[PDB]
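Take a look at the structure set out below.
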Amino acid sequence: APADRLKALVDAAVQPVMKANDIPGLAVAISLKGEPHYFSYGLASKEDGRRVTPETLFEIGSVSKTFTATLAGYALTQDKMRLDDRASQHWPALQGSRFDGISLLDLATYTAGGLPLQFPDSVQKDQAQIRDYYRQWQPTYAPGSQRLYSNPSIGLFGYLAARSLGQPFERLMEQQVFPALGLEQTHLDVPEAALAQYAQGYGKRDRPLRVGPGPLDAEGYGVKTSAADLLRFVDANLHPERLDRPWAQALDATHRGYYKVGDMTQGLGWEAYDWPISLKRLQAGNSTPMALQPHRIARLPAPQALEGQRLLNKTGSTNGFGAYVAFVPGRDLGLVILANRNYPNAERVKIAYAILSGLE
Ligand SMILES: *C(=O)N1C[C@H](NOS(=O)(=O)O)CC[C@H]1C(N)=O
């Protein structure tokens, strides 16, 4: 039976990696030939024995940036902002700062000139502290030259896109973005009535870990969603034309590459690779040096359509969770892997590659 073969393929990819990385619970969702398939493993909470299901909520960390990118795509389609706008055009407090010479594109693609991975610990989740942080910041190098993966960078991009729409970022995601995408199990602030679905996260010595408040957390890493909802988001990405036009264009804006770093082409949120490509190369593109070190970019002469024979992906983590999303536009194939342990990106890619290969 084809169901037996598919279960065998996914189990063979997942089971050893869960055991090796001591993952308590893991949800897989696959979109194949326009049909969804779910595979759920282990426990959402070890303490109460709640099992993972396709409706369990996981923290997706940096995968949130693809949602942030979608909201910015919507602001672009509505002509409320342009990627070449100066960042300070959208926030008067930034006028006269170094943000007068940094574009929204630089912010979105981590090339603003050395904005750090995280806000310093001295910056709390407070509007005035965030404002003052950006007003005083000075680039280490020229904007548009080096990519340094950064939550304050794309966080500001999302914050400015929301300002361009005249509403708070979190309100726009809840009231407009998630409903437009048909996402009813996707949250920035999990409702009390949905808490029973929120998985526990696990760190060292199995300490419980759920993400706490931080500056621009919603924009950079704040989404909690189920494997079923994240697959719905992947399916919207595979077929933007099925949504109402403004939202179709918003999703299309996240499928455009601006530059290359090694085998990776950088879009808004999504990162793309030629497909097929070796597992080692895909792991190297999602490796620690890509997250922690600056890289000189190879700018494209024109934005490149991220479609056809390409794999678009995003890793995301929080202290207690590890997520991975990947899809092949030219093959109508999509995958979501959500876990309640922050396990190495290389291991997430290893599961995904075994599944994607087996399906091919
Ligand atoms: C996203 O989840 N984050 C940003 C950073 N690198 O992202 S990647 O490895 O998920 O692409 C470090 C991990 C994480 C964070 N802690 O903010």
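For chain A, we keep the numbers from the PDB entry: what you see runs 29-388, in order. What's counted below: heavy atoms across the whole structure, side chains too, no hydrogens, waters or symmetry copies. Start at 1 and go down the list; that is how both ligands and their atoms are numbered.
- As PDB records put it, the drug at ligand 1 is avibactam (bound form).
- Structurally, the greatest contact with avibactam (bound form) is made by what UniProt calls Beta-lactamase.
- When chain A is restricted to the residues UniProt lists for beta-lactam binding, the ones with a heavy atom within 4.0 Å of avibactam (bound form) turn out to be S90, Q146, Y177, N179.
- With a heavy-atom cut-off of 4.0 Å, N373 touches avibactam (bound form) through its side chain alone.
- The shortest contact between atom 15 (C) of avibactam (bound form) and any protein heavy atom is with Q146 NE2, 3.4 Å.
- Of all the atoms in avibactam (bound form), the ones that sit under 4.0 Å from a non-hydrogen atom of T343 are 8 (S), 9 (O), 10 (O), 11 (O).
- Residue-ligand proximity, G344 to avibactam (bound form), at heavy-atom distances under 4.0 Å covers atoms 2 (O), 10 (O).
- In this structure, atom 12 (C) of avibactam (bound form) lies nearest to the protein heavy atom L145 CD1, 4.3 Å.
- Atoms of avibactam (bound form) lying under 4.0 Å from any heavy atom of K342, numbered from 1 in the order shown and given with element: 8 (S), 11 (O).
- The structure places a covalent bond from avibactam (bound form) onto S90 OG.
- Between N179 and avibactam (bound form), at least one pair of N/O atoms sits closer than 3.5 Å.
- Result: the UniProt active-site residue of chain A nearest to avibactam (bound form), with minimum heavy-atom distance to 1 Å, is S90, 1 Å.
- At a heavy-atom cutoff of 4.0 Å, avibactam (bound form) is contacted by no atom of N347, backbone or side chain.
- Near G89, with a cut-off below 4.0 Å to any heavy atom, the atoms of avibactam (bound form) are 2 (O).
- With the cut-off at 4.0 Å and only heavy atoms counted, the binding site of avibactam (bound form) comes to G89, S90, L145, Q146, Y177, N179, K342, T343, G344, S345, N373.
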